[PDB]
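Opening notes on mycophenolic acid bound to Inosine-5'-Monophosphate Dehydrogenase 2.
Proteins come first, then strands; the chains are lettered A, B, ... in the order of their sequence lines, and each starts at number 1. Quick note: numbers below take in every heavy atom, side chains included, and nothing from hydrogens, waters or symmetry partners. Atoms within a ligand are numbered from 1 in the order they appear, just like the ligands themselves. Heads up, header says this was done by X-ray crystallography, 2.6 Å.
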Protein chains: 4
Amino acid sequence: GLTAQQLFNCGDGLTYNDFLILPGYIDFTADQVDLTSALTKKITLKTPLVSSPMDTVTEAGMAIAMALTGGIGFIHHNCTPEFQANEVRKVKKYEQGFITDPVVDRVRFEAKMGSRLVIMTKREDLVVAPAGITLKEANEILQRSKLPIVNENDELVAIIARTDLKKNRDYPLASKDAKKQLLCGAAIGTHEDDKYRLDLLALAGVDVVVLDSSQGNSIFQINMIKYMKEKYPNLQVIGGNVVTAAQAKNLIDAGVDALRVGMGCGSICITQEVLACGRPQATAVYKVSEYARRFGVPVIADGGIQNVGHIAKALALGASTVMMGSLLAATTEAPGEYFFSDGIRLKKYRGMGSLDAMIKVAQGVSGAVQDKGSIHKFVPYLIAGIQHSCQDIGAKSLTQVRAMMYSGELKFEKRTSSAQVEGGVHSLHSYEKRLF
Amino acid sequence: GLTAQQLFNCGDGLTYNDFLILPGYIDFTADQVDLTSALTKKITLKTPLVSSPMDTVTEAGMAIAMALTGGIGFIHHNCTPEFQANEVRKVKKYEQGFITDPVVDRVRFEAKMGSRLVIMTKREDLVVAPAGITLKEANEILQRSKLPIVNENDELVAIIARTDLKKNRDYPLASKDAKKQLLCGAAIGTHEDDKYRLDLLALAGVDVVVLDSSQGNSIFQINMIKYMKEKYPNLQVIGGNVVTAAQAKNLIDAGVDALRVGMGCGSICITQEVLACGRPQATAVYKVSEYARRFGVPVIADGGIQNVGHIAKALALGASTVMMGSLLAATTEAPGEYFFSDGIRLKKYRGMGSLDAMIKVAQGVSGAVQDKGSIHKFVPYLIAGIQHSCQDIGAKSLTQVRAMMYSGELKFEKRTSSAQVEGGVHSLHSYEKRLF
Amino acid sequence: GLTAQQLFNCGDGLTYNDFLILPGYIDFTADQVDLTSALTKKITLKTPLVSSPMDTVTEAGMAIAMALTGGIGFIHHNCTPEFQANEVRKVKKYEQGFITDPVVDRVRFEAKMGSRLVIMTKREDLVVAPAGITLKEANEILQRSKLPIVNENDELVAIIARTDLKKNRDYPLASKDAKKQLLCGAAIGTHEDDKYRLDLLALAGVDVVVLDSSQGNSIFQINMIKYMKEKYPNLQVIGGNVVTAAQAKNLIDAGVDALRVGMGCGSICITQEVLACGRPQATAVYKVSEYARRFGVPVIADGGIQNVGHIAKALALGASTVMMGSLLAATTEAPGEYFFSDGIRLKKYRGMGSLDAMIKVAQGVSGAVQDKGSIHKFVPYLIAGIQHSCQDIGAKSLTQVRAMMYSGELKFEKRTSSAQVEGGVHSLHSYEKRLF
Amino acid sequence: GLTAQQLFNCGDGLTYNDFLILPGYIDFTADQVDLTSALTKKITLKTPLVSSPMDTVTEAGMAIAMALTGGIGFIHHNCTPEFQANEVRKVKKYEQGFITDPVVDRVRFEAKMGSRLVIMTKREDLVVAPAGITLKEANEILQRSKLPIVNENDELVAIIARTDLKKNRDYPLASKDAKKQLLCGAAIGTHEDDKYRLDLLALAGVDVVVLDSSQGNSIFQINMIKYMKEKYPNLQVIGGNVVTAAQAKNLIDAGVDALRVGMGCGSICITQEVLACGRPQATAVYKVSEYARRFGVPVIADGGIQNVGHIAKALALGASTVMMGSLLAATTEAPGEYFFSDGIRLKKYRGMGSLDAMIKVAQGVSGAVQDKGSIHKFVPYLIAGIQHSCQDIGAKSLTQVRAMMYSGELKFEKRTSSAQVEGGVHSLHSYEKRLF
Ligand SMILES: *c1nc2c(ncn2[C@@H]2O[C@H](COP(=O)(O)O)[C@@H](O)[C@H]2O)c(=O)[nH]1
Ligand SMILES: *c1nc2c(ncn2[C@@H]2O[C@H](COP(=O)(O)O)[C@@H](O)[C@H]2O)c(=O)[nH]1
Ligand SMILES: *c1nc2c(ncn2[C@@H]2O[C@H](COP(=O)(O)O)[C@@H](O)[C@H]2O)c(=O)[nH]1
Ligand SMILES: *c1nc2c(ncn2[C@@H]2O[C@H](COP(=O)(O)O)[C@@H](O)[C@H]2O)c(=O)[nH]1
Ligand SMILES: COc1c(C)c2c(c(O)c1C/C=C(\C)CCC(=O)O)C(=O)OC2
Ligand SMILES: COc1c(C)c2c(c(O)c1C/C=C(\C)CCC(=O)O)C(=O)OC2
Ligand SMILES: COc1c(C)c2c(c(O)c1C/C=C(\C)CCC(=O)O)C(=O)OC2
Ligand SMILES: COc1c(C)c2c(c(O)c1C/C=C(\C)CCC(=O)O)C(=O)OC2
Ligand SMILES: [K+]
Ligand SMILES: [K+]
Ligand SMILES: [K+]
Ligand SMILES: [K+]
């Protein structure tokens, strides 16, 4: 029975595996737990999940799947500005609803004022829908397949493809923007070159942009932040990797809408070994979030997430969202082809600081992870997992979990190594592990 | 030389392997140590041993063997109410003594008032025994095989099968109820459905019932407790898994006769890894027992028992009884068939939260343990083991061990990892381990 | 720079591998270091080495070799009183000097008053030596082979075999008694039966006797101690295994001449795992020696010695001598035959609490260790090793090492696990280890 | 956020792997970081790198390569004084510039006053250079191959081989002495014999000499130091291995120009295990440097360097330079021939206290390390690695890093074992590691 303030303010250099959250009182069911989380000062998702901007994790496929399930994805920038922007465009155009370009096809089969060819099938035998209706109305109005929206003068003002109404109805947690499109985020560097790439990403319709760096507390990123906030006042920007409040302050002052917290704890990271710099994750998350919260800036616990327990712990310590690399790297929607080794299906996963991904000092390693299946199955599982944890701890929502932790109400307890060994599977001659 | 109060009140998150009990003064022999322990507020066994309510551990066979040796068993509820109740009935009818149903056979060979056929062999050549005698008397009275008990009017009032007098004489530590039957306990859930199952278990003659849950401090279990205490005033109820005094208080207030303490420390448990919730065992046991004792509520140290040292430590820290899963899972009396792998005989052992035992979030794993032989050999061994420990520590009884620990008299000392390595087998090129 | 008092009085439960001794000032050579140590209140050896009383370690061969090199041995009692006593007799008669029985052969070749046949070779052609001379004189007096000692009346008063003068001259560190015989010690239990065995051991000429027990603070051993001190006033007795000052006090009060300190840290020990009782060695040694010293009672650091560093640390913490089991178990002089496994020569080593060595609760395990060669090579090596350690720490003698440690002058420092890893061999692709 | 003073003054016995340096503010690039470091009170290198004086590490080849890249090398003394001195001579004569001996060839092709034959090619057709010019001038003056330097009377005063001007221009970081020669250092013992060897090393032109010992705080080394400072007033001397301020003081008082800090932490070291003496490196480095700095004496962090992180940490804690053995032992320039095992190329690496390198008490082990390539590639890599670390921590130079650490500005944080596990590569099914 120790509070977070007490636990993380003794200088022990703790991490996720070094502690536990003590159970509380249950008076609701796991399915009643709400995971709504703030991605940035203005982006809010239904789940606190985010896919990392890496070669072997996030591209269109992942970004789309992740958005459809309740989270969001960040496309990597280890490609051409053109390619990256196309990946953003694919994601952005995956779901639209009221398509305008192809409806105003252009007018200026169907015979809808102006000269809207979609012509032959005259505007009398065809079903139409008034302007001002909503997607719900739109769906029923033509319960079949193929809906031309008409503006007073009976002029084609828009159209809505049945397929979009399907995707919309199929994914109730979909992270969509004001235009009913799957929101997407992208990662860029801080060199001048990144200004051009940013412009192409802007044109692509990217919603949030993260400045990629192992140590984001620099004059380069600060000025880059200020630039972006100037050129694109509304664009949501996330600050480079930080692990201390002093670093966060500079980026917060520069104008960040959120912070990416984590240094050298990612599965493929050797920065701590090579550069001696970094910080134990659990502590990094608590300290920066505790600070950043006084400025309304969401913290993204980035790195070291090996399972659901970690996710719940990051959130419990102050993080608004959690970013994963390896916990998603082997899913169907991640970049790369599957292969086999010792009868084990694998997909490549490599650190962005690896010589391959990149005198060059390698800060990442290149490996492979075992097949995790589809994001469409895995993410729902993580969502269920997180919910149960909130239940045991007695919290109906992630927002509540933090209040309980900050009020002192939520208690923790350190785990000795024997205690960590006891917490996992032990004393078995053999066993298999499954979760969903 | 550190007291329990000092040791477990520093927030280190200790477990069984993290400490030792310092030896005292010996002025008696190991065989003089008494292990009588309170299972619940009213159930008291000769030993502090209990078999866990799990698919691969407890069914009739185990429950019977465990009772015969001095402990008790809890039948799992991962079966039909009918099946479970039949398992309780088998155990309950294993030993009876004065059988009534078949003696009042019905009257209304032998020719005993009324019309008691057991007829031919007239009541004159046959040996009979008066009503009011005891089992001891009964045994001698017909020193052979096949004893009709007669009520004044020479009317068949009961019978006693020689076989029961045998089982009774063979097992001096047998956990029997007021009717000379092997007591049995069963595990149920907390859903409404469990009320029906409970009723069938009541009819079966179950003696103690444990409410099965990974986090028993809930409104569901509290109300279930209150229900049971109402409907079955005398039934002994044990509260769902708890690890803190605050949780215990709710269940104690709800009316529990004992508490099942343990969360995520069981050999097949992944709850700590998946849900981030739980608590290091040694500490869980000391803290809750220290509290629950002020209300006369026995604590069951449930989980993490890998050997005799653990059992003795749980007891020394405040537990009245100890529940095991893996330490019994491979015995002859446990559910399942034996098989072989690398020339090693094994029997399945799986967590009740495993996908097999059961979106579903797995909290347990499915494995196999190596053959441990019969409960009838293993339990006596654990009993001997525990006794020696009490001797080294200078305690003639489990009751004494707790007094010494609560008075400060009993001392402990933390074990560094090197100290733990030194405590076990080391520096050998090869070795085999045996214990009994 | 931490003193022993500070280091071992924080309740951390440390052991040998958990700390280091910081180097001092060197103004002498390793060969100038003196290891003279008190075995008991009256037995003093040239080295602080002792072989453990175990089936696979100490018998005549070991006891003799160990004495010849500067230490001593304790014969095991897992044999008949006759056998054990014969093992003591073999050791005792290995070296004698002035043999009396065969010289007083009996008188009452050579023609020496009385009728000393050793006859033919008359007392005139034969060289003789006066009574009152010493062994040194004796050696030169007949610089060849085959010396009849003559008493005034020219009567055979004794004889001295050339072979004894050889053994005496060959081993300058030999642990011999007042009669120039290799001293020997033996281990006995505390049951009444041990009184008879003790008597046979007395007749055998045993010099020191250790009462064998895993927990020697008992009324059984206390009374046994008092008995022995009564019956054999001069016999040196060592107290059963203790690890705390409170235990030591009882045995010290009972009249022990030394204490055997150690519980569950021996390579083949499972007492800590099975009985939950014991104590981390380094701490056990410091605490009891710190106490026992106030009564002039030598402490024997028994158990957990895996190498020279451990020996030096035990001594530095207060032990007067060190007892080993595995560090000697595979030498030529130890009981048992050598065999081979994976091309590796081995000799059996088993705990005295193993089922084989012995319901029975096993407290020891049965294994094998790799061939260490002869005690006559290994012990000199340990002696050299210990000497260098004393040099680095700036102590010319074991006696000095303790003064420095008790005065505060000697400093220590805890070793984190990484620090322990760094202290040993690391970062090699492959390597072989040798020491002498 | 803990200062070095706080971190290393709690008695925890920390080492490199036990802590991290928290990142600061970046306002410069990695390539702008300066690694200029003081080898001794008067020797200053461009990099803080030094090759250890060992059989399998440093000989001419290594010493030359190491100097050319920015560091320095110390030739081992496990050879004849003649051999060692020849190794110094090879290194010293590798690069010269203004060669005098062969130019004053002797005078007393070319026809340059006196009788300088280099004769035929008369002094009129040949290009010459005035005395007083510099190497830069010299290079251009004869932009081709084959430059006779002439003194007023047109007398051959010196010569400069084109090859030297090449080596000079190729290696901008070259550690050269006042005579434009690659500086070299050598290791000697402290016995009288070492005085002769020293004399031969003096004649060889050695620049710095390190007194080789595992425990240099001795009367032998102190007097040896005083001797050398007397006989060779200008010679730079480094004090034997020390790990505490008390030891450093004696050697500092004796007159050391630098200190070699480290005891039993070297990859091939078993001194801690065998002699129980030594100290955890990170702590050894901070404590002695913190002291030695008050006397302007540079500390050489010697031992335990397994990678770049360690190097940066040693420097951050107070060391002026870092000495490596295994981190260089398998390079092309190190002594020994390459061989193969399991398809892995290896080169021998052995501790100088190994029986092979040397009753003898082994303090080192004999193994093999995997091929690291050329020093000419590896050292530049370490240089780049160190620079990035300085960048993350916000320091433009090693000198700055220490100021920040001593002022309190630089912060650190302990790493729990889980934190250390998280810091390295984890959660991968497989991976390969590369760095340059
Ligand atoms: C160290 N860290 C690196 C590198 N590339 C990316 N990253 C990071 O780690 C996170 C993924 O870690 P997981 O544990 O797999 O989730 C990424 O989000 C990013 O912060 C690298 O080369 N070295
Ligand atoms: C975690 N714990 C589980 C699960 N099923 C049962 N249990 C528990 O552990 C105890 C057995 O642990 P042992 O160390 O084997 O004695 C059981 O009594 C129960 O508390 C599960 O799926 N996950
Ligand atoms: C535990 N300890 C046992 C047993 N038999 C003997 N001993 C002890 O350990 C010492 C030898 O330990 P090493 O590390 O090998 O030196 C013996 O002197 C004695 O104290 C046993 O069965 N269990
Ligand atoms: C222990 N230490 C030894 C021995 N020979 C040399 N050394 C030392 O270790 C350093 C090299 O360690 P690395 O980790 O490989 O750099 C050398 O500089 C020297 O101090 C020995 O036999 N035992
Ligand atoms: C940039 O991607 C990362 C991130 C996000 C992190 C780390 C890291 O090593 C890399 C790879 C390192 C690279 C590509 C070098 C460029 C740079 O320094 O930004 C880390 O330690 O924590 C977080
Ligand atoms: C119920 O059986 C348990 C018990 C007793 C414990 C744990 C656990 O995971 C399960 C399996 C988890 C299940 C079947 C999910 C249902 C539930 O939540 O009750 C644990 O962590 O500590 C104790
Ligand atoms: C007696 O030999 C030992 C000793 C010396 C020790 C231990 C031990 O287990 C045994 C074997 C245990 C036996 C033979 C049971 C009898 C007894 O209890 O004496 C230990 O834990 O520390 C020291
Ligand atoms: C001398 O080389 C070393 C050094 C530098 C160190 C150690 C060591 O064991 C040896 C080998 C030990 C030898 C050759 C014995 C001679 C001696 O004692 O000097 C160590 O522990 O720290 C540093
Ligand atoms: K990492
Ligand atoms: K577990
Ligand atoms: K042991
Ligand atoms: K080492």
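The ligands or chains that make up mycophenolic acid in this structure: ligands 5, 6, 7 and 8.
Lab note: other chains with heavy atoms under 4.0 Å from mycophenolic acid (ligand 7) -> C.
With hydrogens left out, the protein atom closest to atom 7 (C) of mycophenolic acid (ligand 7) is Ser214(C) CB, 3.4 Å, a heavy atom.
Of the residues UniProt lists as binding mycophenolate in chain C, a heavy atom under 4.0 Å from mycophenolic acid (ligand 7) is found for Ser214(C), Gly264(C), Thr271(C). Nearest to atom 14 (C) of mycophenolic acid (ligand 7) among the protein's heavy atoms is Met352(C) O, 3.3 Å.
With hydrogens left out, the protein atom closest to atom 16 (C) of mycophenolic acid (ligand 7) is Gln363(C) OE1, 4.6 Å, a heavy atom. Among the ligands and ions shown, the ones besides mycophenolic acid (ligand 7) lying under 4.0 Å from that drug are ligand 3 (inosinic acid). Counting only heavy atoms of the protein, atom 2 (O) of mycophenolic acid (ligand 7) lies nearest to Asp212(C) OD1, 3.9 Å.
Taking all heavy atoms of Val242(C), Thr271(C), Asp392(B) into account, the minimum distance to atom 9 (O) of mycophenolic acid (ligand 7) is reached by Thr271(C).
With a heavy-atom cut-off of 4.0 Å, mycophenolic acid (ligand 7) reaches these UniProt IMP-binding residues of chain C: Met352(C), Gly353(C), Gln363(C).
With non-hydrogen distances under 4.0 Å, the site around mycophenolic acid (ligand 7) consists of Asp212(C), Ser213(C), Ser214(C), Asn241(C), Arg260(C), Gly262(C), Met263(C), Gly264(C), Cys269(C), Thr271(C), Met352(C), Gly353(C), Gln363(C).
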